[PDB]
Amino acid sequence: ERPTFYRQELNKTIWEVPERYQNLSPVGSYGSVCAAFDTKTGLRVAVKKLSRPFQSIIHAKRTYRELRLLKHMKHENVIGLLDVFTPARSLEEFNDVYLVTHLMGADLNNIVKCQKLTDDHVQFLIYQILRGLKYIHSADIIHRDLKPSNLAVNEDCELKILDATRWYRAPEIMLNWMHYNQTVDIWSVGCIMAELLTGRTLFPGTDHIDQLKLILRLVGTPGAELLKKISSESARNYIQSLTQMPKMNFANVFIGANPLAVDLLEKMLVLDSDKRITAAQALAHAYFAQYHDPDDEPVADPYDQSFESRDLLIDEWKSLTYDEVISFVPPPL
Ligand SMILES: Cc1nc(Nc2ncc(C(=O)Nc3c(C)cccc3Cl)s2)cc(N2CCN(CCO)CC2)n1
Ligand SMILES: CCCCCCCCO[C@@H]1O[C@H](CO)[C@@H](O)[C@H](O)[C@H]1O
């Protein structure tokens with residue numbers, strides 16, 4: 001039943017892992033991650049030892065959250081769990097949690113290299129992002145922090161969504177709006193897509209307020225219909241005092257780009273989050289003609305997020321985490 005574990009010192013703690021995982025090699029330091037080779041599967045994997053997983057109520061809930069989330073994600077364009085383990089033989093000894101994923105070799109900073117991608121290559125990368133987003137959103141989950149560094153790719157350009165840092169952020173998050181919808185991630189995708197087509201950051205704001213300034217120069221100041229939906233007295237009054245800027249014509253901003261790409265960008269980067277295109281709708285858009293397949297753009301099982309409202313003791317989060325470790329089933333090889 002239980003695999004045989006071995007001990008090895010790695011970034012100044014004692015890691016303890018099943019024999020199947022060979023040649024651990026630190027690559028990052030919440031938790032440290034080593035690259036490794038999984039002899040059972042012939043896969044190169046990332047093994048993450050969680051740091052201080054049950055040191056406080058907050059740590060324990062965070063551990064449980066991360067485990068719950070990774071266990072739920074089962075989709076080609078989203079990072080999944082290959083394995084989860086502990087050296088512990090019972091709940092009473094349970095102090096350590098290790099998570100295992102595919103070892104991703106690069107992210108979308110490394111692929112762009114600040115040089116333009118071809119339009120065919122942007123189609124394939126954005127398609128995959130949207131395919132992953134459809135899945136995530138169908139589980140009633142919002143990513144909230146999509147950016148090139150959270151987008152990992154292999155050598156065949158197969159992409160997985162993972163989880164300056166303000167450049168890809170929807171204006172309503174910059175404003176602390178608090179009732180975010182799923183199209184915040186769509187905003188992020190438009191920013192990424194722009195950058196891939198042009199080789200340049202769309203909105204490289206220097207500071208917080210500068211980020212909003214650059215955003216408004218592209219998409220115009222709020223229209224009459226948007227203004228009706230703003231409950232904040234301070235926001236309305238400040239917005240009403242700005243010199244009204246015209247939304248720019250994206251066709252005369254993204255010069256020589258596929259006009260289908262431009263049309264899609266217009267539908268993603270609408271100031272009004274209620275009027276942004278959804279991921280499912282973006283997949284049906286003619287820009288993705290050569291990739292779109294309704295038979296193979298799957299949705300997720302319902303994801304039970306009720307734990308998030310709960311205030312439980314360290315030992316209760318720990319036992320729930322231990323239940324999740326014990327129930328884990330490896331994906332089909
Ligand atoms: C930090 C790092 N990650 C790499 N790949 C990763 N794949 C999966 C990872 C991972 O974190 N998964 C994961 C997640 C996402 C959540 C929970 C649990 C887990 Cl386990 S991290 C590669 C890499 N390289 C450094 C630079 N190069 C040397 C240059 O000569 C080689 C490549 N560096
Ligand atoms: C000065 C910069 C103006 C930014 C305008 C923010 C537009 C965001 O769009 C708004 O998103 C809210 C948050 O989810 C929704 O509740 C509103 O219905 C929607 O119109």
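Counting from 1, the numbers follow the sequence of the chain as shown. Excluded from the calculations below are hydrogen atoms, water molecules and symmetry mates; all remaining heavy atoms, backbone and side chain alike, are included. Counting convention: from 1, in listed order, for ligands and their atoms alike.
The drug positioned at ligand 1, selected from zidesamtinib, afatinib, dasatinib, tobramycin, dequalinium, is dasatinib. Measured by close contacts, the chief partner of dasatinib (ligand 1) is listed under the PDB entry as Mitogen-activated protein kinase 14.
Among the atoms of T101, some N or O lies under 3.5 angstrom from an N or O of dasatinib (ligand 1). Taking atom 4 (C) of dasatinib (ligand 1) as the reference point, the nearest protein heavy-atom neighbour is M104 O, 3.4 Å.
The entry names the source of chain A as Homo sapiens. The UniProt active-site residue of chain A nearest to dasatinib (ligand 1) (heavy atoms, to 1 Å) is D163, 4 Å. In terms of protein heavy-atom proximity, atom 11 (O) of dasatinib (ligand 1) is nearest to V33 CG2, 4.0 Å. The proximity of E66 to dasatinib (ligand 1), defined as any non-hydrogen pair under 4.0 Å, is limited to the side chain. The contact region for dasatinib (ligand 1) on chain A lies mostly in UniProt domain Protein kinase. By chain and number, the binding site of dasatinib (ligand 1) (heavy atoms under 4.0 Å) reads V27, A46, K48, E66, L99, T101, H102, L103, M104, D163.
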